[PDB]
Amino acid sequence: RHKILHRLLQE
Amino acid sequence: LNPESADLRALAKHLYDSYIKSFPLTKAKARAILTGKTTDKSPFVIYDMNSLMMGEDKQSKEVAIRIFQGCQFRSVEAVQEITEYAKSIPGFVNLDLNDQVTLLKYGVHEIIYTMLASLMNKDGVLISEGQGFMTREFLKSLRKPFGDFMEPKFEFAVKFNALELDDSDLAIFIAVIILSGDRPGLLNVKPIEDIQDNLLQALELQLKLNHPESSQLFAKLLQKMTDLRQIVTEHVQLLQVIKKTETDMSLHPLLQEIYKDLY
Ligand SMILES: COc1ccc(Oc2cc(N(C)CCOc3ccc(C[C@@H]4SC(=O)NC4=O)cc3)ncn2)cc1
């Protein structure tokens, strides 16, 4: 869950 | 200015500089456009279906869906800007990553509606980085259930704009919203609250320095945080209605993610 948000945060 | 105050000023300035980096269209830029105290071309006005189509020279779904989906696309971009801004808030990236996600999930729409007010007056709202201006009456006129989706935002915006905050005030306010210790599902509230306490101290000092005239601006501003949540929960309910009545529509994946198990 929140795959995009993780990605944007971890980016 | 003493040493703790000075730490508070440095935090304020740090946040303001990140805010300008992250958010392409500032309230100051927006205000110039709306008053016409600007050297740029005035924006193209969209007041009906025809002006919308002529403006689309500056898919082919029905107009109400085009507009709603244009709003989604702007949020998708705003979520990206807000996430980058969030990463600049001291201590945010040191939090448990699940908590960073939860704060963003609950914070982004509150920030979106806060910042949308910067682009609004009582007659309409700037769009496309101020290249356009879409009239409030035109938005009211859309067919149900799209007819009244913007009105709670405009109404919030006229009250909120009466506070006359500038970008340096807003940069701090936005950070305070993101660091809310009461979001559902947070794992470790204490480190979030510790950051928020500094931010709040910084906001309060900021409001006293930049608005020495306006007594208790700080207190008035904090009450708006509760109004913002209501905008969001009402909006979630409208979306529930929309999803049921228009299976034409698809929600952007980022937005599905954010909205899933939100309220
Ligand atoms: C090609 O021609 C055009 C096509 C379309 C068009 O409509 C608009 C309207 C618009 N605003 C009215 C200004 C932005 O308001 C917003 C309202 C609501 C949200 C929240 C979104 S909505 C949702 O459910 N969840 C969301 O997170 C975000 C932004 N901004 C940009 N395009 C104009 C021109």
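Letters A, B, ... are given to chains in the order of the sequence lines, protein chains preceding strands, and every chain is numbered from 1. As the structure lists them, so they are numbered: ligands from 1, and atoms in each ligand from 1. Looking at the header, which is where the method is noted, we find X-ray crystallography, 2.2 Å.
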Ligand 1: drug: lobeglitazone
- request: Find the chain in most contact with lobeglitazone and give its name from UniProt.
  value: Peroxisome proliferator-activated receptor gamma
(request) Write down the other chains that contact lobeglitazone with heavy atoms under 4.0 Å. (result) B
### Task
Provide the residues lining lobeglitazone within 4.0 Å, heavy atoms only.
B:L52, B:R66, B:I67, B:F68, B:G70, B:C71, B:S75, B:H109, B:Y113, B:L116, B:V125, B:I127, B:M134, B:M150, B:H235, B:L239, B:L255, B:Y259
Quiz item: Got the closest protein heavy atom to atom 12 (C) of lobeglitazone, with its distance?
Solution: B:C71 SG, 3.6 Å
Can an N or O of B:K153 be found at a distance shorter than 3.5 Å from an N or O of lobeglitazone? no
TODO: Identify the protein heavy atom lying closest to atom 24 (O) of lobeglitazone, giving its residue, its atom name and the separation to 0.1 Å.
DONE: B:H235 NE2, 3.0 Å
> In the protein, what heavy atom is nearest to atom 1 (C) of lobeglitazone, and what distance, to one decimal place, separates them?
Replying inline: B:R66 NH1, 3.5 Å
Next item on the list: Note the single closest protein heavy atom to atom 31 (C) of lobeglitazone, along with its residue, its atom name and the distance in Å.
Entry: B:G70 O, 3.9 Å
What atoms of lobeglitazone come within less than 4.0 Å of a heavy atom belonging to B:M150?
17 (C)
Q | Nearest protein heavy atom with distance in Å, relative to atom 21 (C) of lobeglitazone | A | B:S75 OG, 3.1 Å
For atom 2 (O) of lobeglitazone, what's the nearest protein heavy atom and its distance?
-> B:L52 CD1, 3.8 Å
Quiz item: Going by the atom numbers of lobeglitazone, which of them fall below 4.0 Å from some non-hydrogen atom of B:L255?
Solution: 27 (O)
Closer than 4.0 Å to some heavy atom of B:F68 - which atoms of lobeglitazone meet that?
24 (O)
OK, so UniProt lists some rosiglitazone-binding residues in chain B. Which of them have a heavy atom under 4.0 Å from lobeglitazone? B:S75, B:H109, B:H235, B:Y259
### Query
Nearest to atom 25 (N) of lobeglitazone, what protein heavy atom do you find, and at what distance?
B:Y259 OH, 2.9 Å
Exercise. What is the UniProt domain of chain B where most contacts with lobeglitazone occur?
Worked result: NR LBD
### Message
Give me the nearest non-hydrogen protein atom to atom 8 (C) of lobeglitazone as residue plus atom name, then the distance to 0.1 Å.
### Response
B:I67 O, 3.9 Å
Query raised in the report: If we only count N/O pairs under 3.5 Å, is B:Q72 in contact with lobeglitazone?
Result: no
Which atoms of lobeglitazone sit under 4.0 Å from any heavy atom of B:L239? 24 (O)
